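Record below includes baricitinib.
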Amino acid sequence: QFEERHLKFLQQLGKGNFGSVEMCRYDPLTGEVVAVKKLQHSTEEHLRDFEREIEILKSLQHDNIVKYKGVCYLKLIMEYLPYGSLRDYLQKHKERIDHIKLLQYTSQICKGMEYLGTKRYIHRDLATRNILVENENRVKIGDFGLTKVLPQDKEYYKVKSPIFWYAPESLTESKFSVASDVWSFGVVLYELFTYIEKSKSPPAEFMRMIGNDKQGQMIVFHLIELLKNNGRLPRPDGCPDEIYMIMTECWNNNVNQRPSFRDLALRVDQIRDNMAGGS
Ligand SMILES: CCS(=O)(=O)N1CC(CC#N)(n2cc(-c3ncnc4[nH]ccc34)cn2)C1
């Protein structure tokens, strides 16, 4: 474990309404820099969920999943990835990030999700805000606060919300599955190829398609109707048609028709290889 007496707060990395992450120096004896996740508005339910999240991350060992380091007395300690979220990184470096590089990040996210599927985990929160950048060549899935373990007897989990990333059956039945993670991956791919431009973000695009007359519950209603009538996010400027087609396959209303992460990884890798080779 970690001795809090040797943890010095250096910078806030994220301050949510139910959790926060701090950059702290752990110097037990010049020491190391670590990322420290703590609970905000800690209720008995929230601490129970945080305990399970801790256990889920400790069980994960993958190049594209943020590294668990341990716990402190209750705080979650990991590594400090110094380039922050992919949102900040892509915004800052967009002029230098070509499509071959976007597909490198896409492939890495895909392989992390592939690995999560092996353990029958549903992430439920796949979005660029939850992808961290270690260096210019490696990103990692960085947060698992909504992740669920599928029950032994079902291939979905029902849960009582980032609605603009949600599959239709998550919006209607509160059902989450690998296939609804694939839907959200399609939205991540859209985020990447819009270079995280806020006026092109999923919430901005969907509200323009719906109408900004709506508020709260009615937004969800017209989003469901929109998706049921096959309204979809548009092809981002400059986005290759083959990549948009993958997005649209992830966004199939028919759950059975969405691709697997294994197949997504294979195709993304092939497209990137063809792009780099000039074929
Ligand atoms: C849900 C509220 S939050 O503030 O806890 N949340 C985690 C969050 C999203 C992700 N991943 N975040 C993580 C970091 C981060 N940066 C640098 N190294 C790191 N290691 C582990 C996390 C991490 C910064 N913001 C934002």
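All residue numbers given for chain A refer to the PDB entry; the residues shown span 843-871, 875-918, 925-1011, 1016-1134 in order. Just the heavy atoms: all of them, side chains too, but no hydrogens, waters or symmetry mates, feed the values below. Header entry for method reads X-ray crystallography, 1.7 Å. For ligands, and for the atoms within them, numbers begin at 1 and follow the listed sequence.
- The structure holds baricitinib at ligand 1.
- In this structure, the main binding partner of baricitinib, as named in the PDB entry, is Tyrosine-protein kinase JAK2.
- Applying a cut-off of 4.0 Å to heavy atoms, one finds the binding site of baricitinib to be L855, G856, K857, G861, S862, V863, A880, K882, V911, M929, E930, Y931, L932, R980, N981, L983, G993, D994.
- Near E930, the atoms of baricitinib lying under 4.0 angstrom from a non-hydrogen atom of the residue are 18 (N), 19 (C), 20 (N), 21 (C).
- In terms of polar-atom proximity, defined here as any N/O pair under 3.5 Å, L983 makes no such contact with baricitinib.
- Counting the atoms of baricitinib from 1 in the order shown, those under 4.0 Å from a heavy atom of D994 are 7 (C), 10 (C), 11 (N).
- Shown in contact with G993 at under 4.0 Å from a heavy atom are these atoms of baricitinib, numbered in order with element: 11 (N).
- Taking a cut-off of under 4.0 Å to the non-hydrogen atoms of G856, the atoms of baricitinib that pass are 4 (O).
- Short contacts between baricitinib and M929, defined as distances under 4.0 Å to a heavy atom of the residue, involve ligand atoms 21 (C).
- Close approach of baricitinib to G861 (heavy-atom distance below 4.0 Å) involves ligand atoms 2 (C).
- Of all atoms in baricitinib, listed by their number and element, those nearer than 4.0 Å to a heavy atom of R980 are 9 (C), 10 (C).
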